[PDB]
Amino acid sequence: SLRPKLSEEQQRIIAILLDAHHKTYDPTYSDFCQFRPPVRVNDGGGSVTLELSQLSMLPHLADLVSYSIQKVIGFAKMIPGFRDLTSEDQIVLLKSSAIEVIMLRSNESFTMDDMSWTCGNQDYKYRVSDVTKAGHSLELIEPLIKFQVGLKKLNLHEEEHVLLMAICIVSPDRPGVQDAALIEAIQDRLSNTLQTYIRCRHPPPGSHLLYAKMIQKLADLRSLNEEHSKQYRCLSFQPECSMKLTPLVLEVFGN
Ligand SMILES: C=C1/C(=C\C=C2/CCC[C@]3(C)[C@@H]([C@H](C)CCCC(C)(C)O)CC[C@@H]23)C[C@@H](O)C[C@@H]1O
């Protein structure tokens, strides 16, 4: 059961990704008061008609997602090797992974205390009912919550969390990529860093089959991505939806 030590290069990769995350994820959520304000209409019955008529939480959650895409673009640019890719492949990778990295990075605000993403006072505590007030349905939200709990229970080290986000972004099997072999080389360098880290720095029993569990979460994210895309397309049919979104969100998710 060999445990090769992390190379100097692998240690540098981990330090770079930790720094990149610390520069692009504010764990105080202090910018969120700058977004359009959250509004919660009375919708205890979960009425799709009402939810679509009002889309009360959409401006705020679209601003949150847009902000988060900006942060993910910045994080990606600091992944070792990402800037070796052509501009065209960088943009394909960013647009295809954005929602997945948002789901991953949001695990840091997710809490099993009450199954919410807690980003401050009540105003910035996001629950499943807030996501339905932004026009989404249970076929996305239920698996998303299940995903957040499963990821929580892996008890990832921050090193592993940031490696997982980087591996998600640098995926050679995204539609439209040109230099799949270069993307795969970059991804393999990150994957080998992660496997090596787990084996020499993650104590048992949480280390047991941990790499395989993390790779499974990447597959789960693909399913969530596809369901989000389907639901976004239907949300976009609502008259005046575009004004509730942002230009960046429209580009990343638009048809
Ligand atoms: C974003 C981040 C956070 C929460 C993410 C959540 C909670 C609200 C609902 C979200 C945003 C899900 C929604 C299904 C996304 C719908 C987007 C849209 C309306 C455009 O189709 C995905 C992840 C969710 C907060 C913080 O962790 C930063 C992070 O970065």
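Sequential numbering from 1 along the given sequence is applied to the chain's residues. Quick note: numbers below take in every heavy atom, side chains included, and nothing from hydrogens, waters or symmetry partners. Whatever order the structure lists ligands and atoms in, that order sets their numbers, starting from 1.
According to the PDB, the drug at ligand 1 is calcitriol. The chain in largest contact with calcitriol bears the name, in UniProt, of Vitamin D3 receptor. Under a 4.0 Å heavy-atom criterion, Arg105 is in contact with calcitriol.
Atoms of calcitriol lying under 4.0 Å from any heavy atom of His136, numbered from 1 in the order shown and given with element: 16 (C), 18 (C), 19 (C), 21 (O). Residue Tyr29 has no N or O atom closer than 3.5 Å to an N or O atom of calcitriol. At a 4.0 Å heavy-atom cut-off, calcitriol does not touch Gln231 at all. Residues of chain A near calcitriol cluster mainly in the UniProt domain NR LBD. When each atom of calcitriol is checked for a heavy atom of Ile102 under 4.0 Å away, the hits are 1 (C). For chain A, a heavy atom less than 4.0 Å from calcitriol occurs in the following UniProt calcitriol-binding residues: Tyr25, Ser68, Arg105, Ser109, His136, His228.
Taking a distance limit of 4.0 Å, we find that atom 10 (C) of calcitriol is approached by no protein heavy atom. Calcitriol has no N or O atom lying under 3.5 Å from any N or O atom of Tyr126, backbone or side chain.
Ranking protein heavy atoms by distance to atom 17 (C) of calcitriol, first place goes to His228 NE2, 3.7 Å. Comparing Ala62, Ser68, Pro27 by heavy-atom distance to atom 29 (C) of calcitriol, the nearest is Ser68.
With ligand atoms numbered from 1 in the order given, calcitriol contributes 14 (C) to contacts under 4.0 Å with heavy atoms of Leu140. Compare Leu61, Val131, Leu58 by their heavy atoms: the one nearest to atom 19 (C) of calcitriol is in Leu58. Proximity of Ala134 to calcitriol, defined as any heavy-atom pair under 4.0 Å, is not found for any part of the residue. Contacts of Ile141 with calcitriol, taken as heavy-atom pairs under 4.0 Å, are absent altogether.
Contact between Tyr25 and calcitriol is present, with at least one heavy atom of the residue lying under 4.0 Å from the ligand.
Site of calcitriol with heavy atoms closer than 4.0 Å: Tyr25, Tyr29, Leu58, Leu64, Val65, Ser68, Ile102, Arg105, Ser106, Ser109, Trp117, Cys119, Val131, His136, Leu140, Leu144, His228, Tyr232, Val249.
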